[PDB]
Amino acid sequence: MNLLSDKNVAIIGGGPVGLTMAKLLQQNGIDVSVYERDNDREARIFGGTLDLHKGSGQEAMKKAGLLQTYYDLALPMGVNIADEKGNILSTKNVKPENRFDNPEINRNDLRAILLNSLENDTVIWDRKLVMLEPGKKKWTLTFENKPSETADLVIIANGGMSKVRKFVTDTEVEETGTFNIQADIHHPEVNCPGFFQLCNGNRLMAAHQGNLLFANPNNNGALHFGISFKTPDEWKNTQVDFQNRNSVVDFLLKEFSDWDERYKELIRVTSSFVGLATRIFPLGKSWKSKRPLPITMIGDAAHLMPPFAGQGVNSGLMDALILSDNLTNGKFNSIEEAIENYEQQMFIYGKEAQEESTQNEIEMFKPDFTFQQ
Ligand SMILES: Cc1cc2c(cc1C)N(C[C@H](O)[C@H](O)[C@H](O)COP(=O)(O)OP(=O)(O)OC[C@H]1O[C@@H](n3cnc4c(N)ncnc43)[C@H](O)[C@@H]1O)c1[nH]c(=O)[nH]c(=O)c1N2
Ligand SMILES: C[NH+](C)c1cc(NC(=O)CNC(C)(C)C)c(O)c2c1C[C@H]1C[C@H]3[C@H]([NH+](C)C)C(O)=C(C(N)=O)C(=O)[C@@]3(O)C(O)=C1C2=O
């Protein structure tokens with residue numbers, strides 16, 4: 001019959017994009033396994049919420065039959081812009097006509113939606129892919145301290161830091177020159193009451209002198225905030241130890257010195273911080289043209305970009321929707337031609353998304369930016 005009849009697909013990485021790719025193939029009768037580094041699905045995913053947009057992220061969920069399950073676990077949320085003094089400068093609340101536009105979902109809820117939709121044993125846990133080798137017809141996959149597997153098609157979906165890209169591209173991940181510190185506060189109504197009342201059930205964003213603060217007061221009962229700034233030149237080839245909360249507190253309280261005490265309370269009561277340099281996997285010249293066997297990349301492994309334009313997962317789920325339709329629609333003469341068609345479209349929307357990310361990033365970290373239009 002079709003391109004993948006009597007063939008199996010290996011997806012590397014069980015993030016939202018890989019699991020979506022698995023669902024869209026599996027529901028067309030395709031033999032697909034997902035190899036995920038993580039030991040069990042009972043592991044907290046650290047991060048904020050994700051919003052699926054109409055026409056991209058939501059299309060993927062709709063084609064999968066999971067769009068209602070997403071709406072049931074997602075939460076529409078307004079945005080408040082505030083100054084460093086705790087003045088609300090602007091309050092965009094959720095008009096009921098727009099409540100389906102991009103409601104926020106917890107990363108563990110999205111993962112659980114996608115896992116429950118797959119056949120038992122679709123995802124193989126504790127499988128860290130370390131290397132690929134193409135045979136005559138099949139790839140051999142090598143995992144850390146676990147037996148090898150084979151596949152006719154490999155889809156790299158294992159995130160922005162993937163080390164298994166080289167059969168697709170020699171493109172290297174780059175630092176953009178911004179740095180992000182993320183943290184969670186449990187029971188924020190009790191533990192950061194001032195900042196919680198400032199948020200007032202809305203997301204909050206504030207900018208003063210090249211420091212940006214973002215918060216969501218309701219990621220499944222926890223408040224999630226991030227502080228972003230131009231990487232201090234001091235930290236060329238980090239003078240802050242992120243395992244030492246006292247060191248991060250001391251750095252942040254100096255940087256936030258002229259901010260209202262409701263923001264400094266955030267910094268003071270945070271049990272642990274996570275620091276990460278902003279990185280991009282730049283889409284430039286095309287990828288390797290003549291690969292030994294069929295292989296491609298979707299999600300952050302394809303187009304990792306700064307998280308400043310609300311884009312990221314949406315272009316990933318668009319990757320999964322286009323590749324899965326190309327592999328299953330009957331229109332292509334080979335797996336290679338289905339892949340080429342996916343990559344050619346992804347290079348267009350992906351270059352646009354990356355350009356918008358990089359532009360927002362340049363603008364937002366002028367030493368004199370405020371969210372004010
Ligand atoms: C601080 C911050 C904040 C945001 C965002 C990023 C960052 C850094 N993003 C971007 C968004 O998080 C991102 O686009 C998606 O997580 C990408 O999904 P993927 O499944 O491609 O990768 P993701 O990285 O989520 O998943 C990769 C998976 O592969 C696994 N893995 C890694 N190496 C492996 C190996 N060798 N073998 C097997 N498994 C392996 C990992 O364990 C993980 O499960 C975002 N986006 C958005 O739309 N809205 C937002 O608000 C934000 N906010
Ligand atoms: C420019 N800022 C205001 C922005 C814009 C958009 N959307 C757009 O620009 C798209 N606008 C169109 C639809 C094209 C008209 C955005 O979509 C976003 C954001 C902000 C980011 C902030 C992210 C932040 N990061 C740096 C880690 C963060 O910590 C939080 C948080 N703790 O709540 C975020 O909210 C953040 O992850 C995020 O999701 C942002 C946006 O979604």
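The first residue of the sequence shown is numbered 1, and numbering continues consecutively from there. Ligands are counted one by one from 1 in listed order, and the atoms in each one are counted from 1 as well.
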Visitor: Which chain is the chief contact partner of ligand 2 here, given by its name in the PDB entry?
Guide: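 Greatest contact count: Flavin-dependent monooxygenase.
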Visitor: So, tigecycline, brigatinib, efonidipine, remikiren - which of those ended up at ligand 2?
Guide: tigecycline
Visitor: Measuring from atom 10 (C) of tigecycline, which candidate in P217, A309, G226 has the nearest non-hydrogen atom?
Guide: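 It is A309 that holds the nearest heavy atom.
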Visitor: Judged on heavy-atom distance to atom 19 (C) of tigecycline, which of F225, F308, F371 sits nearest?
Guide: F308
Visitor: Looking only at heavy atoms, is any part of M364 under 4.0 Å from tigecycline, and if so is it the side chain, the backbone, or both, or is it neither?
Guide: side chain
Visitor: So, is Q182 polar-close to tigecycline, with some N/O to N/O distance under 3.5 Å?
Guide: yes
Visitor: Going by the closest heavy atom to atom 33 (O) of tigecycline, which one wins out of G48, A215, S357?
Guide: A215
Visitor: Can you walk me through which residues contact tigecycline using 4.0 Å for heavy atoms?
Guide: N180, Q182, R203, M205, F214, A215, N216, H224, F225, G226, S228, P307, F308, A309, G310, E356, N360, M364, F371
